[PDB]
Amino acid sequence: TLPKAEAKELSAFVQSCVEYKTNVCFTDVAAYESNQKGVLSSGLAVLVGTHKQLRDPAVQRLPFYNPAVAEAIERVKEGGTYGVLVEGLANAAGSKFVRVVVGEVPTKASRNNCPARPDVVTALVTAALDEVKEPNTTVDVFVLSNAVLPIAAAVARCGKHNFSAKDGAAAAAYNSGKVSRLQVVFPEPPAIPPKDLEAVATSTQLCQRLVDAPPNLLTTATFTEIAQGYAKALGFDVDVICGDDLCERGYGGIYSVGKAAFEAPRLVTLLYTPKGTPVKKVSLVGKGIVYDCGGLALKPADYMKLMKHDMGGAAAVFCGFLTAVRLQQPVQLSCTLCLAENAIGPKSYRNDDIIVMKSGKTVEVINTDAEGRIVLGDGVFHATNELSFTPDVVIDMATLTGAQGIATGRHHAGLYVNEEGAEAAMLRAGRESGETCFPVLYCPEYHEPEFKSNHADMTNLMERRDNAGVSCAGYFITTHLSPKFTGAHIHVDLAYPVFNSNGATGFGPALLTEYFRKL
Amino acid sequence: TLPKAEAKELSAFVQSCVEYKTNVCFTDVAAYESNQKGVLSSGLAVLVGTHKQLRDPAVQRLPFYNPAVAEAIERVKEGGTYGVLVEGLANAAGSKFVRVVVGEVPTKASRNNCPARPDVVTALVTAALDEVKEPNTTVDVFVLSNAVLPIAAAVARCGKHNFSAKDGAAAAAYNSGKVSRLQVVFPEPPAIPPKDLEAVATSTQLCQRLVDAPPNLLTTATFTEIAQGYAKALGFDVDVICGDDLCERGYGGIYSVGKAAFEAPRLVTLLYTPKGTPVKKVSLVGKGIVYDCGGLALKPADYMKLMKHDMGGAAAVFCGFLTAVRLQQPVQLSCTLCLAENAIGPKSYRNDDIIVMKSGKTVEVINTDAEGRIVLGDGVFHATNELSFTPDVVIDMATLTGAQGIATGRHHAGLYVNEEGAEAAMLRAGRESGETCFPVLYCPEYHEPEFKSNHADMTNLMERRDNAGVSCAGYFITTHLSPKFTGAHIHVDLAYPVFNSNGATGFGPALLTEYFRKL
Amino acid sequence: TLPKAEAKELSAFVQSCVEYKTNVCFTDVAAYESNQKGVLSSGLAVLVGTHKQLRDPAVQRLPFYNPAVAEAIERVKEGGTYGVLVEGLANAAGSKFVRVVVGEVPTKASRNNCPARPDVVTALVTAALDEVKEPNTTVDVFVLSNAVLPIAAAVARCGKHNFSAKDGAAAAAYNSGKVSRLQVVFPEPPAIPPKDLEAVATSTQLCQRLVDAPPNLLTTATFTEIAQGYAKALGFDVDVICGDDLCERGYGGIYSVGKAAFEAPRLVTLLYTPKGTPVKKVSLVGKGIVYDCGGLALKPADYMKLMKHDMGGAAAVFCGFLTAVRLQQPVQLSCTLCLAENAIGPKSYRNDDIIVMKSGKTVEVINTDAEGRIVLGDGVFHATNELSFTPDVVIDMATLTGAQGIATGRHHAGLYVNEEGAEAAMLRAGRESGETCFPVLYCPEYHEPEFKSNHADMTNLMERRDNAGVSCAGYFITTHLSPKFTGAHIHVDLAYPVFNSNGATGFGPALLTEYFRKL
Amino acid sequence: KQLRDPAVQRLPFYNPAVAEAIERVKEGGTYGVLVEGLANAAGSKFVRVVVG
Ligand SMILES: CC(C)C[C@H](NC(=O)[C@@H](O)[C@H](N)Cc1ccccc1)C(=O)O
Ligand SMILES: CC(C)C[C@H](NC(=O)[C@@H](O)[C@H](N)Cc1ccccc1)C(=O)O
Ligand SMILES: CC(C)C[C@H](NC(=O)[C@@H](O)[C@H](N)Cc1ccccc1)C(=O)O
Ligand SMILES: [Mn+2]
Ligand SMILES: [Mn+2]
Ligand SMILES: [Mn+2]
Ligand SMILES: [Mn+2]
Ligand SMILES: [Mn+2]
Ligand SMILES: [Mn+2]
């Protein structure tokens, strides 16, 4: 039992997440001219585009353009911003001056990147929004790219985060009071409708909120409640297997990992079936480790910090699922959240313990800090064996390995995929969405020997850690796929892309949305 | 909750502390000649003074003096002892020989030290008492200094400790059977009355007892009981905020730090108002971490050893408060004990958790092993906001940082102080009392940026640990002072001065007594 | 200067490498029947193939086949061996019994692997050769695969190594006396002529020898002498820039890395131009760190062990070059060996030193143990700027990062490549040759910021080591490409594939040979 | 306070944009504004004025 004040805070936080609405809206230049008649929304305007786009004659026709802005365009550095005052520009806030911040997007983009470079878009707008003078204002963000989806997600993830505990925000269910309403103004009417773009942005930001949230607010229980709240509101199915019932029902992996914690582990499965025939049946599985202390294999404090992000895969699949429901995408979806806190205490699963996985395979625990793969093993078996359908594609997303950062870096999620076709499709989705990925070695014949055990079917940790660590963690997960499943399996290791130095990025949902789109 | 045998042991230990009486008494040479008529109290006598004092003609008139003693004076090394037998010296134990141990105190003393060098006095008497032949005897300690307060504390802290578990003492409520009664014989009638000196010595030793006591005996609960016992006996007020009530009442800092532990955290506030108009209103706040395991940021065993001393600041303020009550010093006092065990388990506050402090400010926990500043933050806000008066001066005392030892060393507590005047006054009190201090950098404009947080008002740990660490910990505490408070704030970091290789020193109470004296 | 006995030993070792001849020959079943008329070469015969190949009717017609061998085929485990005695089988050693060892090769092979699974072929033959009874024998190795190139290299790298210091071999210029002559018997006449296969095998084993050799034998000087010896013998060009001349000629990278060592660094460039028009101009550049102690950034002993392998990239390109010359492949080649010992002493380049690279770019040395990329920077600039031709393709090979093992593992060299076409071609070559590769992230826009320096053009080490470390090391190298070069650059990180628990693998040369074949 | 001294108005680069920079600049921060047609030795169309 929790103190009443803490329970009240948790309920309010749940509600803040269930009712989360985005601060971003979308329009185009002609519609803007028509609706606002040259009156800026506030005393700040942002203009972002490539060196060339910024010099297009059409830019001169923008309502804030003048010779100072032209000079800003000359003086701005690639990847940088440059601000100029414009006197007596009509604006809804009534200010003698409007500040116009120009940002230059690079055109350089490697074959593994998104050509629109939404990464820099995000950074530019973030920087520009630091010039906001007052709160509760609307900032016009004029973008010269028509790459609407990656730009939508880029702007959604930019600026001050909706999650905040600063300056009394704790009393307002941790809804930030520092966020500006953002009006993205594309050159042309967007190929994807504005309300659809809002739904994408909303999911990016909800994902960000969940990840940013500390574990004292986002627990196994509150995450479950949030999912249940969305289920009631949007009318999808929710199945919860909780605490000791996991043990009784043979879910030894997730049970063992989570059982030491104050809040019980949960296997939460969400179902969405579209009207009419689905283009595909897809099962999503997310690593929902609300906090990873390491268990008995305790992390040092510097590594343990930011392990509140260890549910980033669960948040990603959860929010991608929400977007699919909200936009009524024609994909049949399961979304299985593998919720646990990897805690330390008398009930800790041990370095030596042998787990009976839901798959029936036994796992010797070499290291309790390799918890994610165990939890996901139960998740994928559940998805591929225990649902009312058998999926064509299984996608698991997880903040799984430090190796991932070493291998594919801070901006590219690592892909371990059993089929070239699915892999290429996810890579395409990454390049289109901006939520970029890169493959890691798929070679089960070389991963399999690393998990030999004297007494169990397998260990949970490689004998040699310098033998394709991102890949091996993926391999472990595959051993727990049901034999009934013969489809494509996409393992997404997103340990690093889910955050940056400002906090969560909301990486993952837009990737999924784009992937679903092209199925 | 506890086994019956353990509960009985705890009660007995509480009683041993509540009823603690000192082994030291004080007199002077003429009163001694008058009451004992040249008959030594036992077969051991100690003579301590400087090279010059030892050669004063008055020394020849001491009842034990003879040519052997004169020779001891020639042979003794500075900072050392030298013992000689004297045959047929009248003594109350009827010993054929009396052992006379001479000890030479240095005169060398830097401007940051106590000129009477009580540090050496303590060491000399400690060494001399090792020559005690039988226990339960009274040893005459003839001191040639008239620096009565520092000598009183020095002798109080010397020799075998009143806390012991050796040789069956556990059955006697851990009251040592190895302690000698000590009769300090000053040259002149002491400027401070003997019974007043006893009260000081008593507080030094009670402080020593509490600090020495292992955490299986001195818990959050037993410390609270001890305070309550003294409150009934001496007639002062006691307020206790316990366990989950700390959470309900907004004391998020001390609640979060303490909640993992077996015994609940407590905020214990004691009040003393003198009969007259007080010279000053002073609020004392003490770090009462009964044991600091580090929490989830677990300490290695070699660092974790001696973290039973982590309540040294609470003991210091508690015992300083007792002395003020017993001697009826004309200071109005609050004494707030911030009691918690920093424990590891499922309920552990986390590296990532965000705390809502009593001050209303939010704290992002970077490292759970920086618990003291958090607990103190709630303590100082309580003192400056929640009491029936507003203090002129806030003094917090805490075994706060390893940096303290690096900066100011084993014998000098570090002072972080917002006013030059209060700082100088505490320094002077340290020099007079022998419980020496030294300032650390006060520069809030440079400390403040170290605690920047993405999501909370502040972190609990510096981004850079090599940027005035003693000072930064102090700074943190100041951020939680009430806006209602506009007085002097003295932060005392006494991590190292509270112990030496023999255990607790009882450092702190005498410092406070002397400070109160000169207000 | 060296002791005379050490100089004699080095000369002999040089000669052993320059004159190295392989122990492997190649034939086919019909030619074997014709030349040996059913008489086995010795008392051991090896039969290796897939489960299915082993059950082909043709197997029954092999000269050693009998019912015991049929049983061995039933009893052998996948990836294992099984031996049976056959009495009175004609053999050249006149052995009462012939031991026939059957080995089963798996057919399982992922899309990133060589379908013939030469990895297992090597392991099987290695195991089987442990049954050799006497030395200086010829062992018939009957292979059921017709994948002649990968099998040739697989057998070349198997069994006991030609480098040895056991049992007096030091007195025989470290030529092992434990090696068996091996006669590989393919089912059909090999698509590649036997003498051409011998040249491939010879290069695999020479590469192995150089890598296995400890740095007291294989020094910057002896490696250079070996290259000169081959140049005299085969009639290709050799250019040597030695020691202080590197500094005088602006080769600040390789000079600074190597200058602390007892033996001077050398930039050794070899040239081969075929008769007639080359299909391509290719420049090879190899990391020839004869020993990597870490420099002032000293490695711990457990990591420093096996840094004699740190010239594995130089050995690879060197031997790939030799094969091209010996087989007269129609490729114009340069081969640049970046030879240095990364030593520790008074002349050590420092953590802080600023290097003026041959490229004209300055490099701030953050860490002296990131030496390889520096040495290679000078190598690739040399190749792309200082030769009599400009290459179409630059291939650098290096044992460059620990990240490589983490990312792509022990069997797959990491590829960082500026063009998709070249990457795909090298990957194809890896799958055909058996010397498998896998790509790492190519994304210069994300690597570049990691190398920002306050005072130099760049650092030699990433600010963040968890941001695509294999890729970032590659990126560094690319910054030193001449602007004159506009072709394909293939960076091969082969830190782990160059060795296994038995020592060097001779990985690299066959990869190159196969790549050159398909140009 | 120094930035709001009347003497500041008499500086050769001062104009209403600069005055606005003084309002908008954050403590410990900078804020830059363009001033068109201010005489300068480099003959620059605009002079950038950075207030701190
Ligand atoms: C110690 C090892 C057995 C396993 C360890 N991984 C973990 O503990 C995972 O549960 C982590 N949740 C993976 C991770 C690492 C760094 C940043 C973000 C995420 C790892 O090193 O990757
Ligand atoms: C790990 C850091 C965040 C903070 C740490 N301090 C602590 O844990 C405090 O709670 C300790 N109670 C301070 C301490 C250290 C050494 C000897 C006596 C007392 C310190 O290093 O000073
Ligand atoms: C210390 C770091 C700056 C760089 C370091 N790399 C090196 O020292 C390279 O010179 C090593 N030669 C790379 C290496 C590491 C492990 C096994 C084989 C080869 C690495 O750890 O990757
Ligand atoms: Mn984890
Ligand atoms: Mn973990
Ligand atoms: Mn502490
Ligand atoms: Mn601590
Ligand atoms: Mn190296
Ligand atoms: Mn190195």
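Numbers restart at 1 for each chain; the letters A, B, ... are given by sequence-line order, proteins then strands. As a textbook-style caveat: the illustration shows part of the entry, and contacts are counted within that part alone. Side chains included, hydrogens not; waters and symmetry mates left out as well; all remaining heavy atoms used. Remember, it's 1-based here, ligands and their atoms both numbered in the order they're listed.
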A.B. asks: Which one of pramocaine, hexachlorophene, levobupivacaine, Bestatin was assigned to ligand 1?
C.D. replies: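 It's Bestatin.
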A.B. asks: Write down the name, per the PDB entry, of the macromolecule bound to Bestatin (ligand 1) with the most contacts.
C.D. replies: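 Main binding partner here: leucyl aminopeptidase.
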A.B. asks: Which other chains line Bestatin (ligand 1) with heavy atoms at under 4.0 Å?
C.D. replies: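 Based on heavy atoms, that gives A.
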A.B. asks: With only distance considered, is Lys287(A) within less than 3.5 Å of Bestatin (ligand 1) through an N or O on each side?
C.D. replies: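 Yes; the residue has a nitrogen or oxygen that sits under 3.5 Å from a nitrogen or oxygen of the ligand.
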A.B. asks: Which of the numbered atoms in Bestatin (ligand 1) are under 4.0 angstrom from any heavy atom belonging to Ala495(A)?
C.D. replies: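 Contacts of Bestatin (ligand 1) toward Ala495(A), numbered from 1: 18 (C), 19 (C).
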A.B. asks: Using a 4.0 Å cutoff against the non-hydrogen atoms of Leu461(A), which atoms of Bestatin (ligand 1) qualify?
C.D. replies: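 Under 4.0 Å from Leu461(A), Bestatin (ligand 1) has these atoms: 3 (C).
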A.B. asks: Looking at the neighbours of Bestatin (ligand 1), which other ligands or ions sit under 4.0 Å away?
C.D. replies: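 I find ligand 4 (manganese (II) ion), ligand 5 (manganese (II) ion).
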A.B. asks: For Bestatin (ligand 1), which atoms have a heavy atom of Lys299(A) less than 4.0 angstrom away?
C.D. replies: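 The atoms of Bestatin (ligand 1) under 4.0 Å from a heavy atom of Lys299(A) are 7 (C), 8 (O).
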A.B. asks: Only heavy atoms of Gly402(A), strictly under 4.0 Å: list the atoms of Bestatin (ligand 1) that pass.
C.D. replies: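 Matching atoms, with element in brackets: 15 (C), 22 (O).
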A.B. asks: Any nitrogen or oxygen of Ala370(A), side chain or backbone, less than 3.5 Å from one on Bestatin (ligand 1)?
C.D. replies: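 No.
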A.B. asks: What atoms in Bestatin (ligand 1) come closer than 4.0 Å to a heavy atom of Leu400(A)?
C.D. replies: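 Here the atoms of Bestatin (ligand 1) in question are 6 (N), 9 (C), 11 (C), 13 (C).
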A.B. asks: Is Bestatin (ligand 1) under 4.0 Å from a heavy atom in the side chain of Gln404(A), in the backbone, in both, or in neither?
C.D. replies: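 For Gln404(A), no heavy atom sits under 4.0 Å from Bestatin (ligand 1).
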A.B. asks: For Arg465(A), is the nearest heavy atom under 4.0 Å from an atom of Bestatin (ligand 1)?
C.D. replies: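 Yes.
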A.B. asks: Hey, which organism does the entry list as the source of chain A?
C.D. replies: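 By the entry, the source is Trypanosoma brucei brucei.
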A.B. asks: As an exercise, identify every atom of Bestatin (ligand 1) less than 4.0 angstrom from a heavy atom of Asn367(A).
C.D. replies: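 So the answer, numbered in order with elements, is 3 (C).
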A.B. asks: Nearest to atom 17 (C) of Bestatin (ligand 1), what protein heavy atom do you find, and at what distance?
C.D. replies: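 Scanning the protein heavy atoms, the shortest distance from atom 17 (C) of Bestatin (ligand 1) goes to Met307(A) CE, 3.7 Å.
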A.B. asks: Return yes when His309(A) approaches Bestatin (ligand 1) closer than 4.0 angstrom through a heavy atom, no otherwise.
C.D. replies: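 For Bestatin (ligand 1), residue contact (heavy atoms, under 4.0 Å) with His309(A) is absent.
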A.B. asks: Taking only heavy atoms of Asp292(A) into account, list the atoms of Bestatin (ligand 1) that are under 4.0 Å away from them.
C.D. replies: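 Near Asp292(A), the atoms of Bestatin (ligand 1) are 7 (C), 8 (O), 9 (C), 10 (O), 11 (C), 12 (N).
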A.B. asks: Between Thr401(A) and Bestatin (ligand 1), does any nitrogen or oxygen pair lie at a separation below 3.5 Å?
C.D. replies: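 No, since none of the N or O atoms of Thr401(A) sits under 3.5 Å from an N or O of Bestatin (ligand 1).
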A.B. asks: With heavy-atom distances below 4.0 Å as the criterion, list the atoms of Bestatin (ligand 1) near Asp310(A).
C.D. replies: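 Here the atoms of Bestatin (ligand 1) in question are 10 (O), 12 (N).
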A.B. asks: Identify, for atom 1 (C) of Bestatin (ligand 1), the protein heavy atom at the shortest distance, and state residue, atom and that distance.
C.D. replies: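 Checked against all protein heavy atoms, atom 1 (C) of Bestatin (ligand 1) sits closest to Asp369(A) OD2, 3.9 Å.
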A.B. asks: What is the residue list for the binding site of Bestatin (ligand 1), using non-hydrogen contacts under 4.0 Å?
C.D. replies: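 The heavy-atom cut-off picks out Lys287(A), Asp292(A), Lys299(A), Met307(A), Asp310(A), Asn367(A), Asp369(A), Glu371(A), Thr399(A), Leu400(A), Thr401(A), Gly402(A), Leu461(A), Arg465(A), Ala495(A), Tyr496(A).
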